[PDB]
Every structure is written in structure tokens, then in C-alpha cells.
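Every chain is numbered from 1, with letters handed out A, B, ... down the list of sequences. Both ligands and their constituent atoms are indexed starting at 1 by order of listing. Looking at the header, which is where the method is noted, we find X-ray crystallography, 2.0 Å.
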Amino acid sequence: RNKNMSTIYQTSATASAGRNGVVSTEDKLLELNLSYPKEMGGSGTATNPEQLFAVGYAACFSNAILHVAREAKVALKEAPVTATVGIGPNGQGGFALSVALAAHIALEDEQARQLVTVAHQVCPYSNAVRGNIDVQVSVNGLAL
Amino acid sequence: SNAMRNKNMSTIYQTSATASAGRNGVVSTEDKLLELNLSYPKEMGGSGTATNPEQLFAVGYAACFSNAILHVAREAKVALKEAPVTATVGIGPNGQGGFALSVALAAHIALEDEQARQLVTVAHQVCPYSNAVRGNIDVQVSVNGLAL
Ligand SMILES: C[C@@H](CS)C(=O)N1CCC[C@@H]1C(=O)O
């Protein structure tokens, strides 16, 4: 489930001032300023690793749903996904993420459900956090 | 996996983003601090002209891990001006019909030997990304070119 058996795509990024400086892909396709959010005492003038994870997870899960749709020959124009990410202490000295994913799919409900369930199985963010984060997944307003 | 080490016991910060992905996708945070175009990479049947979830994961994990190192150096009163971290992320098939990420974290800091190992080991226990992927991804962590 967890082994990447043959790398199809590889990328890299470098940061040096943690949550409060610049971060960029080594190809420079993506170059971003980061700052602490207001909730953490910062300026909120820029993004942060929690928002990045939300953006990337929403995008990965949306890609995943469209992937499965293509494979099932289901014509889906869009697969909007809202990802909500929280961060707090884990009580052992570190920090942990909590995640909710809300998918909105123009299909009959049982069908949408099946599709999104398979997508959650195949999505590499989902495989990455499986058993660590209990990702709360819903499809068209209903929890899976 | 370890569920327990991943209980968010009380939320300090919460954020939301909505993506409509694909070949011409878009994602934006609820508050628009971040609005991005998405594409599949050229390696994956796309145009590779905008970003993608692996790049976003790499930028996020690199920043998170750099911060984790500075955080532990601060607590330990070890003077670091900075903590360069390169995060390398790959995606490929898993053999069960899905996809998996592979990740390396390469730190380059002004501290060595067992002290640096101890410090970066601590940073890797506390970083939320590392706790999210523990046991699933075997994150290859190195400091100053050497295995953690
Ligand atoms: C660039 C990646 C998004 S992480 C992708 O296009 N896909 C579609 C196939 C693998 C993966 C997925 O989400 O399941």
C-alpha cells in the first residue's frame, strides 16, 4: 500500500527559515513566502505548512476522484473538494494534524460514494496518512 | 502508523482550501492568501505548467521540518541562524492499484555528530508532517549528508 514501486514523477523544494521565510521548488515553478498565521501570533500576510497541506490534499483528492471516474468511464466535468486542516499539540511534546475532506460530485449518491471511496484508497496523500490521521471524508454532504 | 501520537488535542489553527483539479485545475484557500493553478506534470500526461500536489507537499514538508529543527535548537539554546532543508518527494504506483509518495529530507545545519543527530531526531518526532506519515512513508532523513 505504501511502497512507491517506481517513481513516475519527482520534485524537490528547499526552505531555510522554517515557517517564517521563503520556500521554493528547486525548479522554481513554485516560490512562496511563509509566515505564522495570526492564530499563532504572526502577521497572516502569507501562507503556512498547514494551508499548503490543505491545498495539496484538496488538489490530490480531487485528482484522485477524476482518476477513478476516467477509469470507470464516468464523464465528470469537475470534482470540487474542500479540505479542512487543523493543527494542535499531541500531548507527547509534538504536534498533529486533523483533516476533513468534503467532495461535491454530480452523480447519484450511491454512485458518488463508491467513486469517492475508491479515490480515498488510491490517493497518495490518503495512503501517506492512513492510520495516523482519521481523515473525515464526506460526499455531497454525507459522511462516508 | 501511530494514532496516539497524532491526536490533535486542541486546535491552535484551522484552515480550509477548495480544489477543482484536473489538467486545468485551480485551488484556493478560504481566505485567498493562496490561490494557485494546478496541472498534471509532463511526466504524468499533463502540461507541467503549474503546480501539483507533490510540489505542494515538498514545499510544506521542507518548511515544516526546517521550523521543527529551529524550534528544537531554540529550546536547547543551540544557536542556529537557519536550518536549510531540502525535501524530495516522488510519486509512483503501489502495487495494490493506488499510488504512494516517497520522501527524503536532507538537512544542512551548523551542528554535528551525536548532538545534531539528537536535535534532528527530536525535530522529526515533533514535526506534524512527520507524525502524519509515520510508518506509512519511510522518510529518508539525513543531516549534513549522513543518515539520521
Ligand atoms: C499528480 C497526481 C496528483 S497527486 C495525479 O495526477 N494523480 C492522478 C493519478 C495519481 C494521482 C492521484 O491523485 O491518484
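- The drug that appears at ligand 1 goes by the name L-captopril.
- Lab note: main contact partner of L-captopril (name per the PDB entry) = Organic hydroperoxide resistance protein.
- Those other chains that come under 4.0 Å from L-captopril, heavy atoms only, are A, B.
- Residue B:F99 holds the heavy atom nearest to atom 10 (C) of L-captopril of all those in A:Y125, A:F61, B:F57, B:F99.
- Close approach to B:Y40 involves these atoms of L-captopril, each under 4.0 Å from a residue heavy atom: 6 (O).
- From the protein, the heavy atom lying nearest to atom 8 (C) of L-captopril is A:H67 CB, 4.3 Å.
- Of the protein's non-hydrogen atoms, the one nearest atom 5 (C) of L-captopril is A:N63 ND2, 4.0 Å.
- Each of the atoms 13 (O), 14 (O) of L-captopril lies under 4.0 Å from some heavy atom of A:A64.
- Protein heavy atom at the shortest distance from atom 1 (C) of L-captopril is B:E54 OE1, 3.5 Å.
- On the PDB entry, the origin listed for chain A is Vibrio cholerae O1 biovar El Tor.
- Contacts between A:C60 and L-captopril, counted as non-hydrogen atom pairs separated by less than 4.0 Å, involve both the backbone and the side chain.
- For atom 12 (C) of L-captopril, the closest heavy atom belonging to the protein is A:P124 CD, 3.8 Å.
- The residue-level binding site of L-captopril (heavy-atom cut-off 4.0 Å) is A:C60, A:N63, A:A64, A:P124, B:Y40, B:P41, B:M44, B:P53, B:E54, B:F99.
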